[PDB]
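Complex: CT-3 / Peroxisome proliferator-activated receptor gamma.
The numbers used for chain A are those of the PDB entry, and the residues that appear cover 207-476, in sequence. Each ligand, and each atom within it, is numbered from 1 in the order the structure gives. Determined by X-ray crystallography, 2.8 Å, according to the entry header. All values below were derived from every heavy atom in this structure, side-chain atoms included, with hydrogens, water molecules and symmetry-related copies excluded.
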Amino acid sequence: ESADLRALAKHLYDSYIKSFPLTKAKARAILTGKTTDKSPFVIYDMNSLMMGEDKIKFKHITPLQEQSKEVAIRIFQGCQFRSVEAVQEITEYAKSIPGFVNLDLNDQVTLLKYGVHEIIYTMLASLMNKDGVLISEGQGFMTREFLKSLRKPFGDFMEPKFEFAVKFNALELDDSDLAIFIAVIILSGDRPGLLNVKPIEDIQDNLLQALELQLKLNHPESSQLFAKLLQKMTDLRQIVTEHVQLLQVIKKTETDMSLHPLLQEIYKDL
Ligand SMILES: CCCCCCC(C)(C)c1cc(O)c2c(c1)OC(C)(C)[C@@H]1CC=C(C(=O)O)C[C@@H]21
Ligand SMILES: CCCCCCC(C)(C)c1cc(O)c2c(c1)OC(C)(C)[C@@H]1CC=C(C(=O)O)C[C@@H]21
């Protein structure tokens, strides 16, 4: 079993590296001083925000129609394209989790519907420190306090993720850890409406075994870490429930929103 749980762990890490362009290790190097790379552009207020476009070569430019909208909404709408990119990254990773692709295709949809955001906030942590977050493959850094300064209820979106990220990062996980962790989250057989719970649980039992050992070998100086991570898995579900609640408020209180259709599909019946 042991050499095979290491094989599964390595196979996952390899896909993880293949799937997600920006690793925690890289993000961490940029966040600390510790890279040759030029340091990112800091967006710390409205003025630096406007300079963003000139300084960062990022992948979504706002079209003519959407240019007259208020900054909160533009920021709100801008960021959706990254989530979309995340969604397929996550899908590419899912496809490589040994046994996932052989599930009922509807169950494939359901685990993805429920995991994408748990995984996004997990991975978002890696990009965070107490001051703000890396944006555009780490070419930029938006301050936590700037995001917070946005008018209600837009200044309320990121705080709870930052609240999560500060604590989660204190566990000092790395990419190997996170590769298995991400895997255990997707293959969760307790998601509403699943068709065949058992084949999912069988995979997850295997991933959890790999996680436990991986944390054993990789974290000498912290008893109870594996349990803390299970509690995180739960913590994450509440972040998203908070997050869909706030999204509902946006829908009912704001006039010129544009919720991206792929995201709308994921959010639909959570
Ligand atoms: C009120 C909603 C806040 C959500 C923002 C979350 C946060 C700070 C990780 C963020 C993510 C983003 O993708 C952006 C981003 C911020 O800011 C820009 C300027 C919109 C950025 C532009 C294009 C972007 C790019 O091409 O890199 C990304 C986009
Ligand atoms: C296109 C196949 C049928 C669409 C229905 C499925 C639904 C609504 C989840 C959806 C899936 C999509 O892939 C898109 C999508 C919506 O909306 C966009 C804006 C077309 C999106 C753009 C590029 C996309 C991207 O960046 O990957 C995806 C594309």
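The bulk of residues of chain A touching CT-3 (ligand 2) reside in UniProt domain NR LBD. As stated in the entry, the source of chain A is Homo sapiens. Residues of other chains with a heavy atom under 4.0 Å from CT-3 (ligand 2): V290, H466, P467, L468, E471.
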